[PDB]
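Residue numbers run from 1 in the order of the sequence given. Indexing begins at 1, ligand by ligand and atom by atom, following the structure's order. Quick note: numbers below take in every heavy atom, side chains included, and nothing from hydrogens, waters or symmetry partners.
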Amino acid sequence: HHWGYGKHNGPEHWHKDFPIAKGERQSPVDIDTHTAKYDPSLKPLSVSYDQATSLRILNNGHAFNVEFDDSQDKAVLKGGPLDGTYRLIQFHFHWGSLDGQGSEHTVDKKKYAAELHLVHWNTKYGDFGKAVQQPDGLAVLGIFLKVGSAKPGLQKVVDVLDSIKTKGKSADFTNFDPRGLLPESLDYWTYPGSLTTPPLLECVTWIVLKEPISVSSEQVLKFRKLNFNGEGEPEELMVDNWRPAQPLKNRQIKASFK
Ligand SMILES: CN(CCOc1ccc(C[C@H]2SC(=O)NC2=O)cc1)c1ccccn1
Ligand SMILES: [Zn+2]
């Protein structure tokens with residue numbers, strides 16, 4: 001009886017195994033656009049993905065992860081609210097059963113169809129496992145997806161999903177350029193939070209882009225054909241793999257833009 005997104009093991013149950021689920025800096029949150037404060041001291045975000053080396057795509061039973069070589073400073077996030085250098089380790093998405101839900105963060109209570117998370121770790125902690133034990137260990141760049149025109153740069157991801165349908169399947173996934181998943185603007189909101197799955201560690205500086213990317217209905221329909229289950233188990237469609245908004249508590253969301 002392990003955690004997941006069902007009636008019996010979903011977010012409302014996670015606190016039993018992971019009491020930090022009720023902590024002081026949990027994610028995601030609703031972004032109240034009128035109460036976020038413009039912070040003119042926030043720097044532009046530096047996204048340096050020119051040298052990114054993708055390796056593999058994995059269905060881990062909760063999402064699919066596109067994994068990168070993080071053994072050198074090749075794909076790094078710097079600037080914005082961050083001190084020092086954060087290495088890209090993986091990206092994944094959260095999405096819904098319906099276009100009207102799927103994002104983890106919300107904007108004035110609006111749910112997007114999906115949310116992309118580019119996960120980066122602070123190089124001053126040496127490895128990802130050490131970084132998650134630190135309050136400034138990770139930087140996650142969150143990007144909303146809305147359904148409209150196709151995202152050309154997403155299609156290579158969409159087309160490999162047939163090969164990783166079930167939990168524990170992986171495939172080669174080299175030479176994927178994550179710059180093709182970014183919107184035009186790097187305007188962002190930022191706040192201190194957590195991993196949005198168990199172990200729910202309070203180690204993340206969240207950077208959520210204001211501008212969504214557009215993906216087509218066909219692209220997100222292919223996400224929804226993935227399975228939570230392993231091969232030869234009853235089919236459970238991988239849909240609604242999002243944690244809902246958590247209490248903001250004693251936090252301020254800052255805007256990089258007026
Ligand atoms: C290091 N580790 C393994 C898991 O740590 C995680 C890091 C990120 C994620 C993905 C989350 S965070 C986000 O933005 N969206 C997600 O889905 C999940 C687990 C540990 C460390 C201690 C105990 C157990 N495992
Ligand atoms: Zn995530």
I'm looking at ligand 1, any idea what drug that is? (R)-rosiglitazone
Tell me which chain touches (R)-rosiglitazone (ligand 1) most, using the name in UniProt. Carbonic anhydrase 2
At a 4.0 Å cut-off, with the gap strictly under it, does some heavy atom of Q133 reach an atom of (R)-rosiglitazone (ligand 1)? no
Pick out the nearest UniProt active-site residue of chain A relative to (R)-rosiglitazone (ligand 1) and quote the non-hydrogen distance to 1 Å. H62, 7 Å
Give the UniProt-annotated Zn(2+)-binding residues in chain A that lie under 4.0 Å from (R)-rosiglitazone (ligand 1) by heavy-atom distance. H92, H94, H117
Where does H94 meet (R)-rosiglitazone (ligand 1), judged by heavy-atom distances below 4.0 Å: at the side chain, the backbone, both, or neither? side chain
Shared residues: UniProt substrate site in chain A vs. heavy atoms under 4.0 Å from (R)-rosiglitazone (ligand 1): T196, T197
Could you tell me, atom by atom, which parts of (R)-rosiglitazone (ligand 1) come under 4.0 Å of a heavy atom of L195? 6 (C), 7 (C), 8 (C), 12 (S)
Atom indices of (R)-rosiglitazone (ligand 1) within 4.0 angstrom of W206 heavy atoms, with elements: 14 (O)
Under 4.0 Å from (R)-rosiglitazone (ligand 1), which other ligands or ions appear? ligand 2 (zinc ion)
Winner among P199, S27, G137 once heavy atoms are compared against atom 4 (C) of (R)-rosiglitazone (ligand 1): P199
Within reach of (R)-rosiglitazone (ligand 1), part of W242 (heavy-atom separation under 4.0 Å): neither
Which UniProt-annotated domain of chain A makes up the bulk of the interface with (R)-rosiglitazone (ligand 1)? Alpha-carbonic anhydrase
For atom 11 (C) of (R)-rosiglitazone (ligand 1), which of the options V119, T197, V140 provides the nearest non-hydrogen atom? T197
Heavy atom of protein closer than 4.0 angstrom to atom 2 (N) of (R)-rosiglitazone (ligand 1): no
Which residues lie closer than 4.0 Å to (R)-rosiglitazone (ligand 1) by heavy-atom distance? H92, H94, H117, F128, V132, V140, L195, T196, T197, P199, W206
